[PDB]
Amino acid sequence: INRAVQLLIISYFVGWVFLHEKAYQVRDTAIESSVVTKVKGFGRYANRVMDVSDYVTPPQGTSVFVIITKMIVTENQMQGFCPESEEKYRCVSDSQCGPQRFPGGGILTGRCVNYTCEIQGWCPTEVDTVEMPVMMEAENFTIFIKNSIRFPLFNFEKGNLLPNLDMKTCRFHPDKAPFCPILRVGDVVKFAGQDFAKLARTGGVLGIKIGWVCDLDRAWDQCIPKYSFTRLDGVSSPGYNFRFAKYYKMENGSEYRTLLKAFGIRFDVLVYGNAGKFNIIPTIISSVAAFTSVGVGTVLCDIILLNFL
Amino acid sequence: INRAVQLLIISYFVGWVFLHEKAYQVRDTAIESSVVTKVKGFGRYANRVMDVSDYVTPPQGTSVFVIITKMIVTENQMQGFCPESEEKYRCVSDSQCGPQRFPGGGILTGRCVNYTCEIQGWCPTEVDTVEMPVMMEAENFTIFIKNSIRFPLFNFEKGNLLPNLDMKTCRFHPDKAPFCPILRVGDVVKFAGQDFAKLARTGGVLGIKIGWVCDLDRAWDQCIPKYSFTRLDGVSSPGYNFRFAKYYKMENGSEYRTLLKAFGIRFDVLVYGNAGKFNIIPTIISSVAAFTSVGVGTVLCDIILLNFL
Amino acid sequence: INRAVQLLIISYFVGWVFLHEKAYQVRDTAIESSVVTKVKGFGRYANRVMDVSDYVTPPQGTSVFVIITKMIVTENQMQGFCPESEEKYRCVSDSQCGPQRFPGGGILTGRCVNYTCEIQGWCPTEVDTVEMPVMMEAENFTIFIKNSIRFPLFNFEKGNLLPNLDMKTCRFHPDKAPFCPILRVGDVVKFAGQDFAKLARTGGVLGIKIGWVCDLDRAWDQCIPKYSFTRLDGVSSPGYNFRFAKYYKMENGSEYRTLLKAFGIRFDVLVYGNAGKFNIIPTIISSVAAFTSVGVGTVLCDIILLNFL
Ligand SMILES: CNC(=O)c1cc(F)c(-c2nc3cc(C)ccn3c2C[C@H]2CN(C(=O)OC)CCO2)c(F)c1
Ligand SMILES: CNC(=O)c1cc(F)c(-c2nc3cc(C)ccn3c2C[C@H]2CN(C(=O)OC)CCO2)c(F)c1
Ligand SMILES: CNC(=O)c1cc(F)c(-c2nc3cc(C)ccn3c2C[C@H]2CN(C(=O)OC)CCO2)c(F)c1
Ligand SMILES: *[C@@H]1O[C@H](CO)[C@@H](O[C@@H]2O[C@H](CO)[C@@H](O)[C@H](O)[C@H]2NC(C)=O)[C@H](O)[C@H]1NC(C)=O
Ligand SMILES: *[C@@H]1O[C@H](CO)[C@@H](O[C@@H]2O[C@H](CO)[C@@H](O)[C@H](O)[C@H]2NC(C)=O)[C@H](O)[C@H]1NC(C)=O
Ligand SMILES: *[C@@H]1O[C@H](CO)[C@@H](O[C@@H]2O[C@H](CO)[C@@H](O)[C@H](O)[C@H]2NC(C)=O)[C@H](O)[C@H]1NC(C)=O
Ligand SMILES: *[C@@H]1O[C@H](CO)[C@@H](O)[C@H](O)[C@H]1NC(C)=O
Ligand SMILES: *[C@@H]1O[C@H](CO)[C@@H](O)[C@H](O)[C@H]1NC(C)=O
Ligand SMILES: *[C@@H]1O[C@H](CO)[C@@H](O)[C@H](O)[C@H]1NC(C)=O
């Protein structure tokens, strides 16, 4: 009975190794998904509350949006020549800056004036590096993410709005309610291992990943999404700043421009999926390989038992 | 001759099962694609026709754009305190709204006035829910979609602009001309199983999918794209509304803001591909599995015939 | 010794064929990536230098941005009826244009006036096709691309900012330094097999592909990205033009609009990945198939040697 027991044990182990790793259930990874993101929540920046229309830069609500948390405004920028207001651009001789100095505000002319050598262009350049406050109440904003995915190979359409496992006081917590699509901005920042104060002050590119890992052999309700968070702006000047320009020409001839530098927390929504469904061909391939492996194991077992090595 | 005929039949069935499901022809699903969308067509909204530059929100023509169909304008919004114009925010006592009421227009102060308790912020809030007309002529807009895909594993570059199977009066109909890239907006809405009037009045997020399913073992001209349409904004307040803010500061000191609420039909272009090419390794694997399966079938056939069970 | 030598040679060839094509090392192609693009560099267009805030259309720095190189401005567009300024719309009789003529500037009315029959809408239409100069200094712009990828199946996070194989004078050249993420716009245009003058004058949609092809069986530092460039706006009127509209209502009642037509070079960043990691199941499958193929080869070899055919 030793040979039968040993071959049964070998076959059982081979089956465990195969079906545990899903040798069958051909896998599809080309998930086609659509994301609709909507921000809700109000906050104050200077002396005035700002609704959703203000801070979020892309109003459509695409896969990628920006939550603006700090604004630096430079108004009435006129064309001309003038020195730069930054420290690092010190000029002691007229030959210091030429076709070797990286421009910071405009095209250089090869001169030197007192405030720094003359960049040409928008004269009142950004006086940056100040103690401007941040939209602290943005720590309490909420993001509603409606994600609709469709695995094409198996024709499997699904969405994250699962009605079983209200939407007015629920948040997203991976422990209590890991299924509500409403993500608190403070919660997203905290779950990424980041302090919110520094992230809002300097800016960063967070990322929300919706892993659609499902086993289609089970029921339709079993396919559930998993939310994860990360930061994708780590080097090893870190930050995320971007500028809008609004132009106007007053009737007295001069051409003006106001420049708004925004430090925000850009959110990226990345959808990844991996769905495995049972298919005849991989099942046959795996069964044949398992049979041959069991045969090889049986051929080796008697030899190793007889030789005790 | 019975055994030879039976083994030939078993081998033929195994070959049918294998080659029908493409046991060989290793498959690649990581399709790298680029989409350029351009809208053409004019329509009237208030008392004036609007060209392409007006209704479409992203002027670049990215993978996702919005066809604005309804506009609600609130001009000269000033900062301050005032009640809200919506019905649902009824206030009979000063304690009704506090740290339990969801803000609708601004940060609450805990008071109660006649128009509703005081939200702080942009005072002339949106008087919404009106009978504003819709851009009905947007039913006749056309969308030109240039899609260029490149399967990287096989180095296979292709595009949907097939010159064989003019581009001035052709539309997209899956029956007559299922190859023209020009998609009528009314046609897209109709093919999604949606009435255009309600969709334009309330807004929605349609989706155009370009399935690049091809068999590279055939000629280059055989690889063709298939267009499909769906809606990806179905819960089970449905809609798709987004707001622009334009700011101006008149010389008499006050800070103003005009808010434009747009109800549009956002179009998402999703590209999915699955290309299978013959490879030596999967062919050998499939042949070995087929040989072993045929052997197993022959081993079972004589037994089942002799035992008649 | 002939049979042993022949079977060893057959086994060696089978192993070469299998391990060379990676029969083992299950492959994942669903790469989840995030791209942050930042443009640096100044240029002059009319009589004034323009910094980053001006030419690039999406200020956020998404996966797709546009480098504007030519601007055509039409100011003070008023609603009304007037003929069109283009040549192709010749009208000799009042019945020439009707429900058969493609509108170019507005909704037609079925009349004929001297400048061309009356389109309704923004009256001072674009007088296009001029000799407007181009932002030639945009040939010296630089693009910083920070790409962070994460293969989910193997949980493999990586980025293109490799610190071993400064970032102030380095460019991207596939021969000298093929690893610096700083891409010169002129270099990108040249590597796509395109002249920069015509591309800037008419517009085009270039594409930068970051192939993340790695072998995870080696060390972590071995996984490196490969940059490639292409053009995805080739038919077989080519170009890429898009228009912004800025509205204002002067106090004397009339409603105005200024239209800015931009000819740019839109850059698309496409991330593709294919990562193979050793797994037990594919290894067993490949070993079984190799054993069976070697057996078949041995069965055929003696026959072909004895029969000499
Ligand atoms: C006459 N009024 C103005 O000039 C003016 C008014 C403003 F409310 C603001 C302002 N500050 C902040 C601060 C935060 C955290 C969020 C939004 N903020 C805003 C509003 C908009 C202004 N944006 C714009 O594109 O405007 C062209 C870009 C996005 O932010 C400004 F920067 C300028
Ligand atoms: C002095 N003139 C204005 O204030 C004004 C003029 C306008 F034509 C309009 C207006 N209505 C509609 C209706 C449809 C269906 C499409 C486009 N529409 C527009 C034009 C733009 C105005 N957009 C903007 O970003 O403007 C900052 C956002 C997109 O729509 C407006 F909302 C305000
Ligand atoms: C009172 N001043 C103006 O009206 C005015 C001022 C300007 F600098 C310009 C202008 N020309 C060029 C040429 C290049 C190559 C790049 C940027 N350029 C610009 C600036 C902006 C204006 N953009 C805008 O959205 O403005 C609403 C869209 C993007 O280009 C303009 F088109 C109009
Ligand atoms: C974000 O919201 C939380 C939850 O309401 C705020 O925390 C509470 O704030 C109230 C304000 O009246 C205090 O009475 C509570 O004691 C706070 N609770 C806790 C646990 O701190 C929080 O202050 C808000 N954040 C910001 C920046 O305003
Ligand atoms: C969209 O275009 C269609 C096709 O031209 C319009 O339908 C025709 O409209 C003309 C207008 O002169 C009528 O004479 C025809 O009888 C209509 N034909 C049909 C089959 O209805 C349609 O009206 C346009 N839609 C909108 C909203 O203007
Ligand atoms: C882009 O930059 C290059 C590199 O600096 C410029 O080419 C040089 O331009 C300087 C200008 O003083 C000349 O002295 C050099 O002789 C040029 N070198 C070469 C090899 O041509 C180039 O002119 C710049 N392009 C534009 C359009 O301004
Ligand atoms: C126009 O007026 C502004 C202030 O409104 C002033 O700074 C500027 O010098 C004037 N420009 C001209 C050309 O008169
Ligand atoms: C400025 O003028 C506007 C109308 O143009 C008026 O409503 C407002 O009260 C005035 N504000 C101040 C601060 O004088
Ligand atoms: C308003 O003034 C503009 C010039 O500023 C002029 O062209 C236009 O005819 C005037 N419109 C009205 C309605 O008075």
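Letters go in sequence order (proteins before strands), and every chain restarts at 1. In each ligand, atom 1 is the first atom listed, and ligand 1 is the first ligand listed. Structure determined by electron microscopy, 3.4 Å. Note: hydrogens, waters and symmetry copies are ignored here, and every other heavy atom, side chains too, is used.
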Drug at ligand 1: what is it called?
camlipixant
Name, as the PDB entry does, the macromolecule that camlipixant (ligand 1) contacts most in this entry.
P2X purinoceptor
Give the letters of all other chains that come under 4.0 Å from camlipixant (ligand 1) at a heavy atom.
A, B
Which residues make up the contact shell of camlipixant (ligand 1) at 4.0 Å, heavy atoms only?
A:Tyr45, A:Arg48, A:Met50, A:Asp54, A:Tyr55, A:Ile68, A:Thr69, A:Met71, A:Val73, A:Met135, A:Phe244, A:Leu260, B:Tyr247, B:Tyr248, B:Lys249, B:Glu255
According to the deposit information, what organism does chain A derive from?
Canis lupus
